[PDB]
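Adenosine receptor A2a in complex with theophylline.
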Amino acid sequence: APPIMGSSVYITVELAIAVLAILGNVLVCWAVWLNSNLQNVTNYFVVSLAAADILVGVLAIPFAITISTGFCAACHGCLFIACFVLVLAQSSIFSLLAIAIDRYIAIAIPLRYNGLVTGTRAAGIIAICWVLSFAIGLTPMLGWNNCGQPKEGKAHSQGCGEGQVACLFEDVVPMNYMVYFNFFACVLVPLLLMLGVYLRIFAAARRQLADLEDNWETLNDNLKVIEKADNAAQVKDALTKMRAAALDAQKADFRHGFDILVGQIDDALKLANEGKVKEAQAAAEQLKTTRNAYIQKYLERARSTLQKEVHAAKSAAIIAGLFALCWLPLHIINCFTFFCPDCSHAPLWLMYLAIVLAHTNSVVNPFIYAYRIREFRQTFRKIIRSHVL
Ligand SMILES: CC(C)CCC[C@@H](C)[C@H]1CC[C@H]2[C@@H]3CC=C4C[C@@H](O)CC[C@]4(C)[C@H]3CC[C@]12C
Ligand SMILES: CC(C)CCC[C@@H](C)[C@H]1CC[C@H]2[C@@H]3CC=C4C[C@@H](O)CC[C@]4(C)[C@H]3CC[C@]12C
Ligand SMILES: CC(C)CCC[C@@H](C)[C@H]1CC[C@H]2[C@@H]3CC=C4C[C@@H](O)CC[C@]4(C)[C@H]3CC[C@]12C
Ligand SMILES: CCCCCCCC/C=C\CCCCCCCC(=O)O
Ligand SMILES: Cn1c(=O)c2[nH]cnc2n(C)c1=O
């Protein structure tokens, strides 16, 4: 078949992806700009990620279409066309890693979060990561390239000028760079890092949920103990273990609820020390009202916050996971090309599918926010509804 037919399918799909990438990610940026409830440090990395995905539609996909033709070009110009997408992919990895660390700090040291993680510091991190993304993605331009060993047969067969090559990705970008440097070091290692961070996030959330439940059962168990104890030392032992358990919970109207609880325990405790057991039990039984009134509400709000954080972190993890799914095939095909030179090159149609799937990643982020985060979903509706209506 004439190549122009298969290439017409490839180009049409690439342009379709470019349109979806631009529209969806413009909506993400628009949403964060308008809605103050979306303006947090976490979402500044989301916007940086959306900007990279817009750039895939506006620049990388047109570059990808161009380099598929093998057009004649100065090798360093070709290199820039071939490698710019690597800058955007690297920026996305830094943004994904930053989001994971952000959510980890939020769950592990909430008290210190807003003091550590600020808009000003985030903006600085985003600027540094973009600079590093240019350095990593355009490393071939610094001399790690095959511009020095041009394919002269292809150059003259295609009728290129001198100094010019048939501009093809695999002719100009070295496969050792793509496999060892780009894939293993700059992509795979950060992805495994994010896996580790997210693991630590879910473990932290699970431990804090358990601790909450433990304090609640420990406050309820020791109550029953006091109600059935026939000795003043039994009441004292239990009440001392409730005071500790209450003071851990305090740190972990609610602020008043705790002062009442500690006070009522201190009351029932001084009675117990004086031998007044029935009076200690009577004083201990008022804790039920403080528990019903205040403690049960603080337990349930704190449980609600942790669950919201587990949801947000799962949402972020899906986006990191989707990046991996969409990019691994292209990276794995490169590994086969590099490591198995006795293996037939992956056919053109599968190369096209791998490239298109990597580009498709720049579409998916907006759907995940829409499906998994109400605050974005609501703002999407309002930006669409107030432009339709
Ligand atoms: C839209 C704005 C922000 C940036 C767009 C600039 C892009 C389109 C420019 C910047 C550098 C340019 C390249 C620089 C040099 C060459 C070598 C020449 O033999 C063929 C064209 C080619 C490969 C150019 C293609 C277009 C190019 C990639
Ligand atoms: C989730 C992480 C661990 C995924 C990364 C695994 C990658 C690096 C693995 C998965 C399958 C592997 C390939 C399987 C088979 C072959 C054929 C052999 O002749 C050369 C190595 C080569 C080409 C391997 C290279 C590395 C490879 C691509
Ligand atoms: C879900 C993701 C992470 C896994 C996808 C793995 C894909 C990329 C794997 C599965 C089987 C693989 C193919 C198995 C055998 C060959 C023949 C060889 O001559 C060229 C590479 C080629 C054609 C491989 C290319 C990559 C391949 C298609
Ligand atoms: C903000 C929009 C920016 C413009 C987007 C369009 C970019 C087009 C990309 C590459 C076109 C360059 C390839 C054409 C060179 C042909 C030279 C030749 O005839 O050998
Ligand atoms: C990122 N990337 C690759 O890793 C690759 N491998 C072969 N062609 C490729 N192309 C066109 C590409 O854009």
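Numbering, chain A: per the PDB entry, residues 25-276, 293-429 in sequence. Both ligands and their constituent atoms are indexed starting at 1 by order of listing.
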- Item | All copies of theophylline | ligand 5
- Which residues, given by chain and number, make up the 4.0 Å heavy-atom shell around theophylline (ligand 5)? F193, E194, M202, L370, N374, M391, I395
- Item | Numbered atoms of theophylline (ligand 5) (with element) below 4.0 Å of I395, judged on heavy atoms | 11 (C)
- Message: Distance under 4.0 Å to a non-hydrogen atom of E194: what atoms of theophylline (ligand 5) satisfy this?
- Response: 7 (C)
- Please state which protein non-hydrogen atom is closest to atom 1 (C) of theophylline (ligand 5) and give its distance, to 0.1 Å? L370 CD2, 3.6 Å
- Nearest non-hydrogen protein atom, atom 6 (N) of theophylline (ligand 5): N374 OD1, 3.1 Å
- Message: Would you mind telling me which transmembrane segments of chain A have a non-hydrogen atom under 4.0 Å from theophylline (ligand 5)? Number them from the N terminus as in UniProt.
- Response: 5, 6, 7
- Message: Using a 4.0 Å cutoff against the non-hydrogen atoms of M202, which atoms of theophylline (ligand 5) qualify?
- Response: 4 (O)
- In terms of atom number and element, which parts of theophylline (ligand 5) are under 4.0 angstrom from non-hydrogen atoms of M391? 7 (C)
- Can you pull out the closest protein heavy atom to atom 13 (O) of theophylline (ligand 5)? Residue, atom name and distance to 0.1 Å, please. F193 CE1, 3.8 Å
